Amino acid sequence: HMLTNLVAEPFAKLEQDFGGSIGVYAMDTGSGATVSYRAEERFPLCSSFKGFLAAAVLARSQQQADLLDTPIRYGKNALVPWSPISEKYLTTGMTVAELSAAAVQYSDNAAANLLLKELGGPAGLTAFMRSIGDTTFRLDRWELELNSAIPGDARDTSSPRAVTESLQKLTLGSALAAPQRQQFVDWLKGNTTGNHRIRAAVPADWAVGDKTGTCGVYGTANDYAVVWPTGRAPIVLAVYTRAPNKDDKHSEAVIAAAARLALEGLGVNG
Ligand SMILES: *C(=O)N1C[C@H](NOS(=O)(=O)O)CC[C@H]1C(N)=O
């Protein structure tokens, strides 16, 4: 607690202007200092579970050396809405590694469902998260049902804090073996969907990997990232939003603004 919120930031004004709730947890991995706002509340994961999904696939690949190269063929019935990569390879198939990259970097929904099946479904991904010490994360449903974002419904949710803690373990800690850790980082660095979220708050000369989520209802959207400022230790952070009404709109700008406040709260000159 001594190093939590050393510098107050106007998160309450930001969420009031947004018309909803914002949850933020940011960790300076050098000093241990944190910024924390609504950090232990639950927010829907939406597409953001797909980063942890890819990490779980990489963990499995440490015991199954042929897993990532395995070619997966799928039928048209697998192509649920928002499958921009897998729809281009319907007639050819794609490897497990390619599906993982597509789930992370293009948020591909068919790819995510196919990989969930490899892991034994939502309970299998939840079990992986438990195995790294995350007692908050839960996945309960598949794409697209997991995006319903119903107020008060704990299904398919985590907390900003647990998201950040698990992201740190998987990208910087020892939850994955070193080759798999670097592959996970590389997939996150190559994300294409987050340019208007945490990345918009991070200087262009710093490295950053992220995964976004956009449930499409209840103003519910999010992003988590690992950021490597030059000359100081990496920062890990998570920004989640939700709002009371089904037709409330999400805001990318609010996520970027919350990330800026988090970095300011850590004293990171950006
Ligand atoms: C994830 O939340 N989804 C996948 C896709 N875009 O993902 S992103 O916004 O997180 O990059 C479409 C929206 C959404 C969904 N409804 O599955």
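Heads up: numbering here begins at 1 and tracks the sequence. Technique stated in the header: X-ray crystallography, 1.2 Å. All ligand and atom numbering here is 1-based and tracks the order in the structure. When reading the values below, keep in mind they use all heavy atoms of this one structure, side chains included, and skip hydrogens, waters and symmetry mates.
- Per PDB records, the drug at ligand 1 is named avibactam (bound form).
- Ranked by contacts, the chain bound most extensively to avibactam (bound form) is, in UniProt, Carbapenem-hydrolyzing beta-lactamase KPC-2.
- Of the protein's heavy atoms, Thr214 OG1, 2.7 Å lies nearest to atom 9 (O) of avibactam (bound form).
- Relative to avibactam (bound form), the closest UniProt active-site residue in chain A and its heavy-atom distance to 1 Å are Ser47, 1 Å.
- Of the residues that UniProt lists as binding beta-lactam in chain A, those with a heavy atom under 4.0 Å from avibactam (bound form) are the following: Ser47, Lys50, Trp82, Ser107, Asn109, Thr212, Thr214.
- Distances below 4.0 Å separate heavy atoms of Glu143 from the following atoms of avibactam (bound form): 17 (O).
- Residue, atom and distance of the protein heavy atom nearest to atom 17 (O) of avibactam (bound form) are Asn109 ND2, 3.0 Å.
- The shortest N or O to N or O distance between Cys46 and avibactam (bound form) is not below 3.5 Å.
- When non-hydrogen atoms are compared, avibactam (bound form) lies under 4.0 Å from the side chain of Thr193 (C-beta onward) but not from its backbone.
- Atom 2 (O) of avibactam (bound form) has its closest protein heavy atom at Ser47 OG, 2.2 Å.
- For atom 8 (S) of avibactam (bound form), the nearest non-hydrogen atom from the set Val80, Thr212, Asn147 belongs to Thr212.
- Looking at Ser107 next to avibactam (bound form), an N or O pair under 3.5 Å apart turns up.
- With a 4.0 Å cut-off on non-hydrogen atoms, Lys50 touches avibactam (bound form) through its side chain and not its backbone.
- Of all atoms in avibactam (bound form), listed by their number and element, those nearer than 4.0 Å to a heavy atom of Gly213 are 2 (O), 10 (O).
- In this entry, the covalent bond from avibactam (bound form) runs to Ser47 OG.
- In this structure, atom 16 (N) of avibactam (bound form) lies nearest to the protein heavy atom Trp82 CZ3, 3.5 Å.
- The 4.0 Å heavy-atom shell around avibactam (bound form) contains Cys46, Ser47, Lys50, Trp82, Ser107, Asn109, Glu143, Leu144, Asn147, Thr193, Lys211, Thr212, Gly213, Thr214, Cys215.
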Tabulate distances under 3.5 Å between N/O atoms of avibactam (bound form) and N/O atoms of the protein, writing both atom names on each line.
| residue | atom | partner | partner atom | Å |
| --- | --- | --- | --- | --- |
| avibactam (bound form) | 2 (O) | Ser47 | N | 2.7 |
| avibactam (bound form) | 2 (O) | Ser47 | OG | 2.2 |
| avibactam (bound form) | 2 (O) | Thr214 | N | 2.9 |
| avibactam (bound form) | 2 (O) | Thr214 | O | 3.4 |
| avibactam (bound form) | 3 (N) | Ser47 | OG | 2.3 |
| avibactam (bound form) | 7 (O) | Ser47 | OG | 3.2 |
| avibactam (bound form) | 7 (O) | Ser107 | OG | 2.9 |
| avibactam (bound form) | 9 (O) | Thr214 | OG1 | 2.7 |
| avibactam (bound form) | 10 (O) | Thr212 | O | 3.1 |
| avibactam (bound form) | 10 (O) | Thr212 | OG1 | 3.1 |
| avibactam (bound form) | 10 (O) | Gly213 | N | 3.2 |
| avibactam (bound form) | 10 (O) | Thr214 | N | 3.4 |
| avibactam (bound form) | 11 (O) | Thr193 | OG1 | 3.4 |
| avibactam (bound form) | 11 (O) | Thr212 | OG1 | 2.8 |
| avibactam (bound form) | 17 (O) | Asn109 | ND2 | 3.0 |
| avibactam (bound form) | 17 (O) | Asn147 | ND2 | 3.3 |

